[PDB]
Amino acid sequence: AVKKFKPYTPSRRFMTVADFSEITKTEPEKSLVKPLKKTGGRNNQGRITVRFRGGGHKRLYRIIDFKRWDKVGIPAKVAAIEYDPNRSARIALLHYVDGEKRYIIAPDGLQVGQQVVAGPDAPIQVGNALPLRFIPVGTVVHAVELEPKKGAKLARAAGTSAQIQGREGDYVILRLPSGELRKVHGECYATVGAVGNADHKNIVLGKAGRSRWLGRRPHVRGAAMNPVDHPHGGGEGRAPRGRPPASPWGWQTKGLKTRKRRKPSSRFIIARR
Amino acid sequence: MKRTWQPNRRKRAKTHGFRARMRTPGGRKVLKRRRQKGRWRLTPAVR
RNA sequence: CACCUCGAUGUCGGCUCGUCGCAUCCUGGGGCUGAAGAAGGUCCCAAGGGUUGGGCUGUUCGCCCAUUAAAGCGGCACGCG
RNA sequence: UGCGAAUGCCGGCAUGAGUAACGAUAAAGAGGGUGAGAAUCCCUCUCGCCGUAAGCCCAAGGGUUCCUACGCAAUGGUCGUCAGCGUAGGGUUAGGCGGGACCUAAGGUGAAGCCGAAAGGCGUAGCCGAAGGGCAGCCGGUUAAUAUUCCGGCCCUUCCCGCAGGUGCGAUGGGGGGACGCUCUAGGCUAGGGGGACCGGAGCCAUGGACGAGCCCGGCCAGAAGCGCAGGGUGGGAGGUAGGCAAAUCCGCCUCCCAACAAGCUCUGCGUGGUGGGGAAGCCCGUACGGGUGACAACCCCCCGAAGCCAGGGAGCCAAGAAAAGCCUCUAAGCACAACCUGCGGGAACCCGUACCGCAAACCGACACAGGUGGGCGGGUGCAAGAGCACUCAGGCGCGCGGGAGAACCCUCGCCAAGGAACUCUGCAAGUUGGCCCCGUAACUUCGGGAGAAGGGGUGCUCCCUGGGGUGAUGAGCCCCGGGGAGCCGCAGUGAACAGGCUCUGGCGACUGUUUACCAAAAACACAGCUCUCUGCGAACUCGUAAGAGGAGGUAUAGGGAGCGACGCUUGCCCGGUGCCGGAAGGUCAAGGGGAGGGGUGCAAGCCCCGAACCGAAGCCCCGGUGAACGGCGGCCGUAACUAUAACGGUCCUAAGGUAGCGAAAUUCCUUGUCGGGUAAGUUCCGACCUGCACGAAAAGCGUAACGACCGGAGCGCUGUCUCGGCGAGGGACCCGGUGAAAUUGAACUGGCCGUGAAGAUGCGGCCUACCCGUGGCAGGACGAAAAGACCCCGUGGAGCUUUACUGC
RNA sequence: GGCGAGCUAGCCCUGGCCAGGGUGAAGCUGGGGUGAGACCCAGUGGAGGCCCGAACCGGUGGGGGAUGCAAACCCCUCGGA
RNA sequence: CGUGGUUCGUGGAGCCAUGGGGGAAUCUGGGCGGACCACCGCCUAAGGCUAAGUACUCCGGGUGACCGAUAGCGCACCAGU
RNA sequence: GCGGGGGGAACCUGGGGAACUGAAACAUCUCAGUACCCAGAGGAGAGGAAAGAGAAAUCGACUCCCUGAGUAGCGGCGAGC
RNA sequence: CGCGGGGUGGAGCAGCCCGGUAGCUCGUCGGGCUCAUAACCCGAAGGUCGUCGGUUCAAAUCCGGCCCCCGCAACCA
RNA sequence: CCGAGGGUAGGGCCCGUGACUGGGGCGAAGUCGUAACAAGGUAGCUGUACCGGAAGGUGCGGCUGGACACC
RNA sequence: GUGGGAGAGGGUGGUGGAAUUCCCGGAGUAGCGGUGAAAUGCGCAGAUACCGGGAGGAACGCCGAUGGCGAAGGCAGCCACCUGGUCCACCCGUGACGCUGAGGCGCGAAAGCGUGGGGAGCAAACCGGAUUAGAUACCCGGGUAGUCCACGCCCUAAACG
Ligand SMILES: NC[C@@H]1O[C@H](O[C@H]2[C@@H](O)[C@H](O[C@@H]3[C@@H](O)[C@H](N)C[C@H](N)[C@H]3O[C@H]3O[C@H](CO)[C@@H](O)[C@H](O)[C@H]3N)O[C@@H]2CO)[C@H](N)[C@@H](O)[C@@H]1O
Ligand SMILES: [Mg+2]
Ligand SMILES: [Mg+2]
Ligand SMILES: [Mg+2]
Ligand SMILES: [Mg+2]
Ligand SMILES: [Mg+2]
Ligand SMILES: [Mg+2]
Ligand SMILES: [Mg+2]
Ligand SMILES: [Mg+2]
Ligand SMILES: [Mg+2]
Ligand SMILES: [Mg+2]
Ligand SMILES: [Mg+2]
Ligand SMILES: [Mg+2]
Ligand SMILES: [Mg+2]
Ligand SMILES: [Mg+2]
Ligand SMILES: [Mg+2]
Ligand SMILES: [Mg+2]
Ligand SMILES: [Mg+2]
Ligand SMILES: [Mg+2]
Ligand SMILES: [Mg+2]
Ligand SMILES: [Mg+2]
Ligand SMILES: [Mg+2]
Ligand SMILES: [Mg+2]
Ligand SMILES: [Mg+2]
Ligand SMILES: [Mg+2]
Ligand SMILES: [Mg+2]
Ligand SMILES: [Mg+2]
Ligand SMILES: [Mg+2]
Ligand SMILES: [Mg+2]
Ligand SMILES: [Mg+2]
Ligand SMILES: [Mg+2]
Ligand SMILES: [Mg+2]
Ligand SMILES: [Mg+2]
Ligand SMILES: [Mg+2]
Ligand SMILES: [Mg+2]
Ligand SMILES: [Mg+2]
Ligand SMILES: [Mg+2]
Ligand SMILES: [Mg+2]
Ligand SMILES: [Mg+2]
Ligand SMILES: [Mg+2]
Ligand SMILES: [Mg+2]
Ligand SMILES: [Mg+2]
Ligand SMILES: [Mg+2]
Ligand SMILES: [Mg+2]
Ligand SMILES: [Mg+2]
Ligand SMILES: [Mg+2]
Ligand SMILES: [Mg+2]
Ligand SMILES: [Mg+2]
Ligand SMILES: [Mg+2]
Ligand SMILES: [Mg+2]
Ligand SMILES: [Mg+2]
Ligand SMILES: [Mg+2]
Ligand SMILES: [Mg+2]
Ligand SMILES: [Mg+2]
Ligand SMILES: [Mg+2]
Ligand SMILES: [Mg+2]
Ligand SMILES: [Mg+2]
Ligand SMILES: [Mg+2]
Ligand SMILES: [Mg+2]
Ligand SMILES: [Mg+2]
Ligand SMILES: [Mg+2]
Ligand SMILES: [Mg+2]
Ligand SMILES: [Mg+2]
Ligand SMILES: [Mg+2]
Ligand SMILES: [Mg+2]
Ligand SMILES: [Mg+2]
Ligand SMILES: [Mg+2]
Ligand SMILES: [Mg+2]
Ligand SMILES: [Mg+2]
Ligand SMILES: [Mg+2]
Ligand SMILES: [Mg+2]
Ligand SMILES: [Mg+2]
Ligand SMILES: [Mg+2]
Ligand SMILES: [Mg+2]
Ligand SMILES: [Mg+2]
Ligand SMILES: [Mg+2]
Ligand SMILES: [Mg+2]
Ligand SMILES: [Mg+2]
Ligand SMILES: [Mg+2]
Ligand SMILES: [Mg+2]
Ligand SMILES: [Mg+2]
Ligand SMILES: [Mg+2]
Ligand SMILES: [Mg+2]
Ligand SMILES: [Mg+2]
Ligand SMILES: [Mg+2]
Ligand SMILES: [Mg+2]
Ligand SMILES: [Mg+2]
Ligand SMILES: [Mg+2]
Ligand SMILES: [Mg+2]
Ligand SMILES: [Mg+2]
Ligand SMILES: [Mg+2]
Ligand SMILES: [Mg+2]
Ligand SMILES: [Mg+2]
Ligand SMILES: [Mg+2]
Ligand SMILES: [Mg+2]
Ligand SMILES: [Mg+2]
Ligand SMILES: [Mg+2]
Ligand SMILES: [Mg+2]
Ligand SMILES: [Mg+2]
Ligand SMILES: [Mg+2]
Ligand SMILES: [Mg+2]
Ligand SMILES: [Mg+2]
Ligand SMILES: [Mg+2]
Ligand SMILES: [Mg+2]
Ligand SMILES: [Mg+2]
Ligand SMILES: [Mg+2]
Ligand SMILES: [Mg+2]
Ligand SMILES: [Mg+2]
Ligand SMILES: [Mg+2]
Ligand SMILES: [Mg+2]
Ligand SMILES: [Mg+2]
Ligand SMILES: [Mg+2]
Ligand SMILES: [Mg+2]
Ligand SMILES: [Mg+2]
Ligand SMILES: [Mg+2]
Ligand SMILES: [Mg+2]
Ligand SMILES: [Mg+2]
Ligand SMILES: [Mg+2]
Ligand SMILES: [Mg+2]
Ligand SMILES: [Mg+2]
Ligand SMILES: [Mg+2]
Ligand SMILES: [Mg+2]
Ligand SMILES: [Mg+2]
Ligand SMILES: [Mg+2]
Ligand SMILES: [Mg+2]
Ligand SMILES: [Mg+2]
Ligand SMILES: [Mg+2]
Ligand SMILES: [Mg+2]
Ligand SMILES: [Mg+2]
Ligand SMILES: [Mg+2]
Ligand SMILES: [Mg+2]
Ligand SMILES: [Mg+2]
Ligand SMILES: [Mg+2]
Ligand SMILES: [Mg+2]
Ligand SMILES: [Mg+2]
Ligand SMILES: [Mg+2]
Ligand SMILES: [Mg+2]
Ligand SMILES: [Mg+2]
Ligand SMILES: [Mg+2]
Ligand SMILES: [Mg+2]
Ligand SMILES: [Mg+2]
Ligand SMILES: [Mg+2]
Ligand SMILES: [Mg+2]
Ligand SMILES: [Mg+2]
Ligand SMILES: [Mg+2]
Ligand SMILES: [Mg+2]
Ligand SMILES: [Mg+2]
Ligand SMILES: [Mg+2]
Ligand SMILES: [Mg+2]
Ligand SMILES: [Mg+2]
């Protein structure tokens, strides 16, 4: 857990790096499974559509398997546990017995010697994947399909998990990491357990630079702008928000709920407060 | 100190070049105008 | 007040450099004194010269330290970019 | 159709004025030559200046500027016989260097598709795209001028055709590889450099000494196969096989068998290599330039040693480090006479670039402009090191006006008696200090720091002894790092150049960072960190009419918005208003449904027109919540057995009346508050108190080590800051020869005073003073120049900004 | 309606650059310690928006320039490195 | 219903056009004559083509109470230089 | 196999479509369906043979000129059209 | 100088604004309860409405002036 | 050479003193309230934590040195 | 040593039901709550009381004692794992090997503290209702931290027999 540092410099005093002892690999990854990728936070027309992104470290994109249901029944050996820098989480390398190699996001409690399967068959054990309809109520669970065959969208972030509260008809009831309560179709795969590298949330960036490395450029407050620039800017000598606090674009950033109202998705949501 | 003309022969031709101008209706009408005005050179030099 | 100047008359203070006025701070000459002497007071003559260094403050001013014969007040576009 | 005005327009020519300047203070002097003519061109000598450059090479960019002949009108800040200038001729040679008949990257374009009033926008595959990947040439000689291009020598690549030997061949398809970070870094090499008593070499003994194991010059370069050293990559066999969108013998995966090692296989580097080639000083002529001998040159030992090579080397770390082709391998059709593989041999091998400048007089800066411009190499000695600094190689240059004088004054610099901040807004500026080694080093602290704290001692040369290291042998020599002893000289030994002044104490900001290109670098921005808030994923949000995209190939430990801003200890009360959040009732509510009743017109059947009740969203009202949401957090009167003061009470109002902390403050008007400290003297500063005009808790409150080209206050050290100036140097200023601007300018024959006048007169009145004209100087005046005042108002002038202004989108 | 990111700001792809010195993190090894530890010390090690300081990037203070060498320069000084 | 055109700006607002919803008939059928109804008239929508009379002046020519090199085109001249 | 593509001073039709300005402020209105941009057309282009006018039992496709007429109207019944 | 509010029994507030009427809480006084005091119960007293003029029939109330009080403002300069 | 000591520089400890500040002792009859001693009228005490003019109050846990009627 | 024994002794992982609160659905009507008595609060927007469903946290009723365990603080539903102390019977082994214990080290209720979680009920602070002269209290309605878990600190006590 979380290497610390003596203060031989300012900012070496609070910095905190991950315990990598979990990582069995280093400089990989399985060259058959990864392309590359790029961006700027700019979009097809050239324009910043997400503010304060850029620079930071080059990355190769580990391709990872969010469909477990196309290998139904083939088993797999956990071959390695290694460092994906596109995600909070860790990715286990697994060899199937096909000889097919695949990345999965690596559950908490997953040692690398072990066997993993997916399908209705499927022992309920860390790493396996099943239709939600075959997973016993109360199981914590991660990498959950939202809709059948469409891939896992739910609880992939380091430390996350979700939980089966019960069943209704074709649907089972999940408590997402958000606490929202949600019905997901029985047929959606999910892998059993929690995501792990749960210690993630406690790293301490420690210096401005550690943010730059991650591609996070400085973030300048409305308060520090002029009125051309932002609903709060001017007066100066500071200024209170002078108005209900606002985005650059004028909408209100305290309390104001932006989920669209008529989304047919609401029939399947019961919660989150 | 550094100044505003930093000649680069490629940039001249991909920016003000003839195929630039033709690629775009703004630029075809630049050629239309330059021609109808009787410009000797419709479009910049670069070697 | 709103007369010249808004097709521009640069504004405080400092410094430099002065020059002039006298309603005189000192020195010179005087009357009165509730002037014994000394030392003051107040007023008259008198512009020749003189009129310190320093702490504080942008300061002018002022307060203060140490001296002084005395540490004068004013004008000169609040003299002088 | 008549011009005097428009800071009018166009042109011409004046004034200023022979004035300022002539563009780095690196610096010149003479002799000879040339010529009509020479400070300025040529050659010689002497002097001086660059030398991590002011030398050499490359890429941009520039485009004949290159070389040579003939020229000097202009261009050249003077001159010019000279030139980057005029005229004219000449000059750029590649299968291997660069780029294309190769690959892909961002991006671009784009069959398919998608979207858009039109123009067009997007987009998979593909295509295009390079300073990245792939790819075969090294050394010398040659021209006035080009050379990895021509030539000499020694190598190599592809394609085509043949022959031989080998083999299931075969691709746009599968697989391997290519293929990768940042720090640090091993071993062996080379580049490069130093030294030699050894090798080779014209020549020299001057001026006192020196004929020497003297002095000065040089002592290498390239080189296939083979080989040797140093490294890189690298298992072999079988069986199974369901994966690698067909196929596979390949790759993947499982099991068994032997290798563990580079053993082998293989690739590269270096070295050596047949051979080829250079080869100094000097002296002689003879050169923009270089050319003979020296020479038959010598051609070797030692050491220093990369950042370069071996190269996919190794280690550690986290922020986790391109693609695709060449290349190999696998099979599909298809063909197995073919095809491919290997070696040899003959043939074939296109296009463009190539001159010259290239830190600049040839590029960007209107200029031969003190500016700007990416990669490489950049020698020697000494100073700890080093690309630093001084001198210096090669090489390059004295900056395209000069000569004199030796005033003021200005700039840049040197020194100063006594004093030592008295200077001044401020020690601004300058001075001090200054490198290295050693002693030594406080508060406080987040235990790292603070620290180079502070403060000191050492620092040269000679002789003696002496310890370990690298290289060699375990040897010497050569280098490296030391240690001890005894002496020498001077004012002084980091003897010159480069190289912190320090201390105390406040405010602000945690810290390194960021900023107003070109008056603000900061207490501003950012920043790790904390909190609120939105967002279940075709996410929220952003751009776009849309398609599409960003978000994100992310998924609540994530992503968006907002505030606060390391850390410590903390962040109180008010929900009445506003905002947001929740509320299936109620009220009002638009189109629409409704059609009671009324109307126009028809002979009428009808056609047409109104139209009440009632049903009918969101929003608003209403109900509640909500503070790290916008925000807000009282007044008057009385009271104690001196006095004062008021723990205490009364009352009025509020949604609630400011808690902790802090406080004359980056906030205190009165104000230089009062007291204390510092000083001889303190409107600042520091410590207090509290009467807080008008602090106060995430537009955070109070602190806080460390940090700061921030802002304040004090001391020591030290000084030309000052008392208070003096002297000296140089570049100007002055004089002479050459060249020769500028703003401004109604015209001028252009005095002072006291008046006067639109109120500040050279110009009017009176009086005074005053021969004509210049030079060098100073700035009082011409309400001096400059800029149609920026402040101020005016205009029903403009623009940016805000909002519960209006009205729209 | 068009022309501009050859200046400048941001990002994207691909390369390159950062003399020399200093200080001495974790880790590792050994020793000591303990019931086993934590931990202590030594060596090694070579971390860091670490320190001094060229190249490079700057632009702090002051002087100079002000019809400039220059429509932002020069000199001394200074920040990062 | 929402708009455009017409002189028509919502007006008593017809006509012509039509983005949206509903949605006929073939002469006894349909549009129109300024809301609407009656009468009286006009005309035959939802397919298409059609000279001439009209616009213009790169070009050629003819003519000026048009200019004469600061005029006349920007260009009398190798100027869109 | 035939055709398309692109250009042309101005002129033509179509799709789109401003602001200054005017209203002595300014929103409706004006400038103006102008400027402009886009597509197509030609030597012209558009229009064109009545589901028309509109009070006459009248006219007879369309274009262009004069006139009707600054009339009928329109209009913050304002400017104006 | 300026603009807005205020001055009412002893204290703090209503009442003015809309003419005629002065009210609420505390205090003070008389009486109870208590051994006693407060607390508590029953009772009373108490103001010309800053002041000076006017209007009216009548003025705390409407108007003017003066005297104070609280507040706001004083900017470009 | 050592060397009294003088000088310069930086530490340590100790006494004294200082605007102001903190509580404390003590001083016949001042002000506020009633915490405690009787079940002291809320049993008290208590470590600690928050709050409040003040005594104190409340929370959590603890101690007894506290407890003939009522469901 | 052997053979036995009782036990909420400690650490870990599980797990059970009762109840409270919250939500959904049913049915149902005008009050419910609360107190000394009341008010605040909740309720026709359909509460309270009743039934069904779900969520979640915390504490373990009867057994239970005047009891057992532990050195102390302390320990109480049930299951398992791991683990301490201790008692009895035997009279087997070693042979004074003992007792205490300044320092040291370790444990240490509650509250508090840091970092994550969790958060039902309760409840400092706080708000409101009442009481009172006042009532920053006692009672009533609310209510955050906390109470719970992991890890790490704090090191106190009427830590008492
Ligand atoms: N030891 C002093 C401590 O602190 C306080 O003591 C101080 C005060 O509380 C106490 O003051 C008392 C007061 O309570 C009492 N109710 C009124 C009385 N007059 C006062 O008394 C004081 O005042 C007068 C002066 O007037 C002195 O003469 C007299 O000595 C002294 N007692 O007097 C003490 C000082 O003298 C507490 N009483 C208590 O904690 C303890 O006694
Ligand atoms: Mg684009
Ligand atoms: Mg970087
Ligand atoms: Mg920010
Ligand atoms: Mg700003
Ligand atoms: Mg903008
Ligand atoms: Mg705005
Ligand atoms: Mg604001
Ligand atoms: Mg402000
Ligand atoms: Mg630069
Ligand atoms: Mg031509
Ligand atoms: Mg006037
Ligand atoms: Mg007048
Ligand atoms: Mg003026
Ligand atoms: Mg003038
Ligand atoms: Mg002037
Ligand atoms: Mg006199
Ligand atoms: Mg006398
Ligand atoms: Mg005199
Ligand atoms: Mg001062
Ligand atoms: Mg004063
Ligand atoms: Mg003056
Ligand atoms: Mg001046
Ligand atoms: Mg005329
Ligand atoms: Mg005239
Ligand atoms: Mg002159
Ligand atoms: Mg001159
Ligand atoms: Mg010169
Ligand atoms: Mg010169
Ligand atoms: Mg030199
Ligand atoms: Mg050198
Ligand atoms: Mg070129
Ligand atoms: Mg030449
Ligand atoms: Mg000349
Ligand atoms: Mg020439
Ligand atoms: Mg190509
Ligand atoms: Mg070819
Ligand atoms: Mg390609
Ligand atoms: Mg495109
Ligand atoms: Mg390339
Ligand atoms: Mg290349
Ligand atoms: Mg090549
Ligand atoms: Mg060569
Ligand atoms: Mg060449
Ligand atoms: Mg094959
Ligand atoms: Mg491949
Ligand atoms: Mg001799
Ligand atoms: Mg010599
Ligand atoms: Mg040698
Ligand atoms: Mg060789
Ligand atoms: Mg020879
Ligand atoms: Mg490696
Ligand atoms: Mg340069
Ligand atoms: Mg260079
Ligand atoms: Mg040159
Ligand atoms: Mg020159
Ligand atoms: Mg230059
Ligand atoms: Mg450079
Ligand atoms: Mg050195
Ligand atoms: Mg140098
Ligand atoms: Mg001196
Ligand atoms: Mg001194
Ligand atoms: Mg200074
Ligand atoms: Mg020095
Ligand atoms: Mg020192
Ligand atoms: Mg010597
Ligand atoms: Mg230094
Ligand atoms: Mg201050
Ligand atoms: Mg800072
Ligand atoms: Mg830095
Ligand atoms: Mg800023
Ligand atoms: Mg600036
Ligand atoms: Mg700075
Ligand atoms: Mg997407
Ligand atoms: Mg993506
Ligand atoms: Mg801030
Ligand atoms: Mg702050
Ligand atoms: Mg707050
Ligand atoms: Mg509120
Ligand atoms: Mg509310
Ligand atoms: Mg509200
Ligand atoms: Mg309703
Ligand atoms: Mg509604
Ligand atoms: Mg409300
Ligand atoms: Mg409070
Ligand atoms: Mg104060
Ligand atoms: Mg003070
Ligand atoms: Mg204040
Ligand atoms: Mg102070
Ligand atoms: Mg503040
Ligand atoms: Mg706040
Ligand atoms: Mg502070
Ligand atoms: Mg501080
Ligand atoms: Mg800084
Ligand atoms: Mg600073
Ligand atoms: Mg001087
Ligand atoms: Mg001189
Ligand atoms: Mg005269
Ligand atoms: Mg006069
Ligand atoms: Mg006259
Ligand atoms: Mg003169
Ligand atoms: Mg003058
Ligand atoms: Mg002068
Ligand atoms: Mg003007
Ligand atoms: Mg107006
Ligand atoms: Mg206006
Ligand atoms: Mg650019
Ligand atoms: Mg750019
Ligand atoms: Mg370099
Ligand atoms: Mg270094
Ligand atoms: Mg080092
Ligand atoms: Mg280091
Ligand atoms: Mg650094
Ligand atoms: Mg500077
Ligand atoms: Mg600056
Ligand atoms: Mg540095
Ligand atoms: Mg219309
Ligand atoms: Mg109409
Ligand atoms: Mg009909
Ligand atoms: Mg019709
Ligand atoms: Mg009709
Ligand atoms: Mg009609
Ligand atoms: Mg008709
Ligand atoms: Mg004529
Ligand atoms: Mg003529
Ligand atoms: Mg002309
Ligand atoms: Mg003429
Ligand atoms: Mg002309
Ligand atoms: Mg055409
Ligand atoms: Mg049109
Ligand atoms: Mg107008
Ligand atoms: Mg206007
Ligand atoms: Mg036609
Ligand atoms: Mg036609
Ligand atoms: Mg037609
Ligand atoms: Mg019109
Ligand atoms: Mg009355
Ligand atoms: Mg001694
Ligand atoms: Mg001594
Ligand atoms: Mg009591
Ligand atoms: Mg009590
Ligand atoms: Mg009690
Ligand atoms: Mg309380
Ligand atoms: Mg047990
Ligand atoms: Mg046991
Ligand atoms: Mg025995
Ligand atoms: Mg404890
Ligand atoms: Mg606890
Ligand atoms: Mg409660
Ligand atoms: Mg006990």
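Reminder, nothing fancy here: chain letters follow the sequence lines and each chain counts from 1. We count ligands from 1, going down the list as the structure has it; atoms in each ligand are counted the same way. Be aware that this covers only part of the deposited structure, with contacts counted strictly within it. These values consider heavy atoms only, across backbone and side chains, with no hydrogens, waters or symmetry-generated copies.
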**Student:** Could you check which drug is at ligand 1 for me?
**Tutor:**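 Its PDB name is paromomycin.
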**Student:** Per the PDB entry, what macromolecule holds paromomycin (ligand 1) with the most contacts in this model?
**Tutor:**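 Most heavy-atom pairs belong to 16S rRNA.
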**Student:** Which chain letters come up when looking for other chains with a heavy atom under 4.0 Å from paromomycin (ligand 1)?
**Tutor:**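 Heavy-atom contacts come from I.
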**Student:** Hey, could you tell me which residues sit within 4.0 Å of paromomycin (ligand 1)? Heavy atoms only, please.
**Tutor:**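 Sure - by heavy atoms, that gives I:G25, I:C26, I:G27, I:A28, I:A29, I:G30, I:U31.
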